[PDB]
Amino acid sequence: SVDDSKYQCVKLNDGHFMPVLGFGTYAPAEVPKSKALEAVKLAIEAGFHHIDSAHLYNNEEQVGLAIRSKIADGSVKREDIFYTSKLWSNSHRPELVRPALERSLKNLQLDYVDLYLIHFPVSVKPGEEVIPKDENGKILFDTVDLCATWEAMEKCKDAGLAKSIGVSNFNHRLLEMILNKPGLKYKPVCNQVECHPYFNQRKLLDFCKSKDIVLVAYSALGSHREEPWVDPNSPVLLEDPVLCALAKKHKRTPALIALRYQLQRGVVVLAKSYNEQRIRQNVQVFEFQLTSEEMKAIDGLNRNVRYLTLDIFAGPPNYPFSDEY
Ligand SMILES: NC(=O)c1ccc[n+]([C@@H]2O[C@H](COP(=O)([O-])OP(=O)(O)OC[C@H]3O[C@@H](n4cnc5c(N)ncnc54)[C@H](OP(=O)(O)O)[C@@H]3O)[C@@H](O)[C@H]2O)c1
Ligand SMILES: CC(=O)[C@H]1CC[C@H]2[C@@H]3CCC4=CC(=O)CC[C@]4(C)[C@H]3CC[C@]12C
């Protein structure tokens with residue numbers, strides 16, 4: 001309202017600017033994928049300028065319609081929306097990268113994405129199934145050199161189909177593999193990974209900072225907690241007593257504390273909500289600040305709780321979460 005023409009962004013290592021608060025669009029299987037349309041419209045209306053999705057989420061038709069609808073009605077311009085998609089692991093083969101991006105863009109009915117990520121570093125066999133399995137129920141993994149996948153990502157950026165390219169769920173070793181690649185043209189702008197006060201990623205964050213790679217935090221509110229992907233006996237982040245005490249002190253909410261913690265440590269933070277009140281609330285992250293002693297307290301919550309292990313993909317050497325970081 002006073003001035004919605006400006007918003008907080010960070011400069012990426014390719015010269016583009018990423019808004020530091022992103023809207024998460026994934027919703028669990030029981031929610032119809034038609035509900036994404038209204039939520040993204042509300043997010044844009046509330047002041048979200050970064051919107052995160054993926055081929056895998058099966059929502060790109062709805063997400064794209066929401067964005068085009070808010071442009072067509074004058075609420076926002078394309079250049080003031082930062083839209084992220086992701087390449088699913090059935091399309092890591094380098095010949096399949098551009099086809100997967102074009103398919104996303106066709107669903108979205110947008111001419112480009114602002115950011116395209118390698119979704120998850122374990123490759124699976126190509127085909128229409130997102131999770132291909134053999135007669136024994138075993139996932140059919142694929143042997144793909146991610147360096148060759150990255151080259152294909154770079155060509156997407158050169159063709160203008162993605163303004164920026166980055167990675168997701170990469171560990172130290174995998175990031176170094178890309179950074180040391182022969183003939184590297186574009187460093188990844190970001191590594192999008194799980195990050196919240198119970199798994200604050202300080203080692204991986206500092207490695208990213210040392211390379212001017214932005215860490216983008218997912219499940220920053222403690223995740224969707226969807227079974228079987230998240231164990232229901234994992235601790236509920238937003239019931240943490242230090243977060244709740246800080247929220248009460250600031251007259252905010254635990255969610256807001258968790259989001260603000262990320263902003264102050266130089267992380268770009270995602271937040272999914274399909275609720276009008278919570279969508280609005282989340283944008284209050286820009287209205288208050290945490291002191292150094294509050295930030296120290298939150299750092300003290302770190303406790304090795306990874307909600308999303310994605311261990312259905314464990315086994316191959318690119319499985320990213322068996323290394324320390
Ligand atoms: N790269 C990847 O592999 C990957 C993996 C996971 C996620 N992501 C991305 O990151 C996004 C966020 O992660 P997430 O989906 O795990 O969820 P998340 O943002 O951590 O949030 C989880 C929950 O918080 C609730 N919530 C939101 N605002 C709240 C508030 N102010 N107070 C209380 N509760 C609040 C939501 O419910 P309500 O909706 O009911 O408000 C939602 O169930 C995803 O949607 C996706 O875009 C990426
Ligand atoms: C965003 C997220 O947490 C990811 C991690 C694992 C992903 C799921 C993995 C299994 C899967 C297979 C499908 O066929 C539909 C999408 C789903 C149900 C995925 C939805 C998005 C998930 C839940």
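This chain uses plain numbering: 1 for the first residue, then up along the sequence. Atoms within each ligand, like the ligands themselves, are counted from 1 in listed order.
Among dotinurad, progesterone, indapamide, desloratadine, the molecule seen at ligand 2 is progesterone. Most heavy-atom contacts to progesterone (ligand 2) in this structure come from the chain listed in the PDB entry as Aldo-keto reductase family 1 member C2. A heavy-atom separation below 4.0 Å is found between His224 and progesterone (ligand 2). The nearest non-hydrogen atom to atom 7 (C) of progesterone (ligand 2), considering only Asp52, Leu308, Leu56, comes from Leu56. Here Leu310 has side-chain heavy atoms under 4.0 Å from progesterone (ligand 2), and that is the only part of it that gets that close.
Numbered from 1 in the order shown, with element, the atoms of progesterone (ligand 2) that lie under 4.0 Å from a heavy atom of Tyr57 read 1 (C). Other ligands and ions closer than 4.0 Å to progesterone (ligand 2), given by number and name, are ligand 1 (NADP nicotinamide-adenine-dinucleotide phosphate). Residue-ligand proximity, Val130 to progesterone (ligand 2), at heavy-atom distances under 4.0 Å covers atoms 13 (C), 14 (O).
Entry annotation: the source organism of chain A is Homo sapiens. When the heavy-atom distances from atom 21 (C) of progesterone (ligand 2) to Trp88, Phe313, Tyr26, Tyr307 are ranked, the shortest goes to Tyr26. In chain A, the UniProt-annotated active-site residue lying closest to progesterone (ligand 2), at the minimum heavy-atom distance rounded to 1 Å, is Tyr57, 4 Å. At the top of the distance list for atom 23 (C) of progesterone (ligand 2), counting protein heavy atoms only, stands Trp229 CD1, 3.6 Å. The overlap between the UniProt NADP(+)-binding residues of chain A and the residues with a heavy atom under 4.0 Å from progesterone (ligand 2) is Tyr26, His224. The substrate-binding residues of chain A named by UniProt that have a heavy atom under 4.0 Å from progesterone (ligand 2) are exactly: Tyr26, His224, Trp229. Heavy atoms within 4.0 Å of progesterone (ligand 2) belong to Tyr26, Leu56, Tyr57, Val130, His224, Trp229, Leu308, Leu310.
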Any protein N or O within less than 3.5 Å of an N or O in progesterone (ligand 2)? List each pair with its distance, or say none.
{"unit_1": "progesterone (ligand 2)", "atom_1": "3 (O)", "unit_2": "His224", "atom_2": "NE2", "d": "2.9"}

